[PDB]
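Androgen receptor bound by dihydrotestosterone.
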Amino acid sequence: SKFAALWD
Amino acid sequence: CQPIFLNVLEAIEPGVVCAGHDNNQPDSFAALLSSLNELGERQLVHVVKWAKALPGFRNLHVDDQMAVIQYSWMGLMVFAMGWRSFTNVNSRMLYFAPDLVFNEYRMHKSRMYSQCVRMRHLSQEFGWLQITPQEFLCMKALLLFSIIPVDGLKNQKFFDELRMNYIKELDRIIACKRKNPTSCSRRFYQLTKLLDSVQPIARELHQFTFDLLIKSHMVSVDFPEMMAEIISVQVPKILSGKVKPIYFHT
Ligand SMILES: C[C@]12CCC(=O)C[C@@H]1CC[C@@H]1[C@@H]2CC[C@]2(C)[C@@H](O)CC[C@@H]12
């Protein structure tokens, strides 16, 4: 998700 | 002796975030809430970047890093907003953003007046208790570690250790300029009471935003991508009692 992408 | 911990907190503190609200239009429930939602979406990005830069945060399991932010963002943002309100307009209004300031009329129009009044009360307390900028920073950090799942985090032990360290730092900040142990205890009592008061407010807002998302299409309120996902997936875990705040008192 968009939120989780903040950790990629 | 340079205060490393506080140096860091000050350094990573998020800058100004605007809501993108059109203040030239007459106020409407739909427009105000859609703007608060966008402000939330924008603030979430800053809170994630802020949290990931906090001392020791990277030590938490990545899944736990995401979860604690997903559960604590409301409290964190409400607390920061109260401080902005206090410092910018002496709590005369709720300073959500430079372009989104709520007077009583807007508090009423938003349909969450009671919650807004409680947030105004929170803002006034920063003044009444003479909260210092350093206490604010340390307290805000502690709020990120104040709500967890009853089933436990992936690495609950690391979280407990981190939380203990932030509490220890608050002790140090309190002890600064305080030679009397009783004055320190009394101050800790005041600050933990204030921190606890944030949770009931966050819960009322959690309930309000959840209900709003469910009927968003009916009231013309737009919810951005991250906000919609978090409020439909994590917030319900809080409202159903699976995720609970860690209170100091009661
Ligand atoms: C966190 C925000 C936005 C950031 C802030 O300054 C505090 C404020 C508290 C009320 C929240 C709002 C985001 C959008 C919400 C969640 C609305 O849906 C209803 C309650 C609003």
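Letters A, B, ... label the chains, following the sequence lines from first to last. Following the PDB entry, chain A residues are numbered 99-106, in order. Sequence positions for chain B are given in the PDB entry numbering; the residues included correspond to 669-918, in order. Counting starts at 1 for both ligands and their atoms, following the listed order. What you see below is based on every heavy atom in this structure, not just the backbone, and it leaves out hydrogens, waters and symmetry mates.
Under a 4.0 Å heavy-atom cut-off, the other chains found next to dihydrotestosterone are B. By chain and number, the binding site of dihydrotestosterone at a non-hydrogen cut-off of 4.0 Å is B:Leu701, B:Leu704, B:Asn705, B:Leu707, B:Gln711, B:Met742, B:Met745, B:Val746, B:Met749, B:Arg752, B:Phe764, B:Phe876, B:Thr877, B:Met895.
Atom 2 (C) of dihydrotestosterone is never approached by the protein to below 4.0 angstrom, counting heavy atoms only. In the vicinity of B:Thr877, heavy-atom distances shorter than 4.0 Å reach the dihydrotestosterone atoms 16 (C), 17 (C), 18 (O), 19 (C).
Taking any N or O of B:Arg752, backbone or side chain, at least one lies under 3.5 Å from an N or O belonging to dihydrotestosterone. When chain B is restricted to the residues UniProt lists for 17beta-hydroxy-5alpha-androstan-3-one binding, the ones with a heavy atom within 4.0 Å of dihydrotestosterone turn out to be B:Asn705, B:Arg752, B:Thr877. Listed by atom number, the atoms of dihydrotestosterone under 4.0 Å from B:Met749 heavy atoms are 6 (O).
Given atom 19 (C) of dihydrotestosterone, the protein heavy atom at minimum distance is B:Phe876 CD2, 3.7 Å. For atom 12 (C) of dihydrotestosterone, the closest non-hydrogen atom on the protein side is B:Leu704 O, 4.1 Å. Ranking the protein heavy atoms by distance from atom 11 (C) of dihydrotestosterone puts B:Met742 SD, 4.3 Å first.
Regarding atom 17 (C) of dihydrotestosterone, its nearest protein heavy-atom neighbour is B:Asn705 OD1, 3.4 Å. Residues of chain B contacting dihydrotestosterone are mostly from the UniProt domain NR LBD.
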Check dihydrotestosterone for close polar pairs with the protein: N or O on both sides, less than 3.5 Å.
residue: dihydrotestosterone; atom: 6 (O); partner: B:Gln711; partner atom: OE1; Å: 3.4
residue: dihydrotestosterone; atom: 6 (O); partner: B:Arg752; partner atom: NH2; Å: 2.9
residue: dihydrotestosterone; atom: 18 (O); partner: B:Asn705; partner atom: OD1; Å: 2.7
residue: dihydrotestosterone; atom: 18 (O); partner: B:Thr877; partner atom: OG1; Å: 2.8

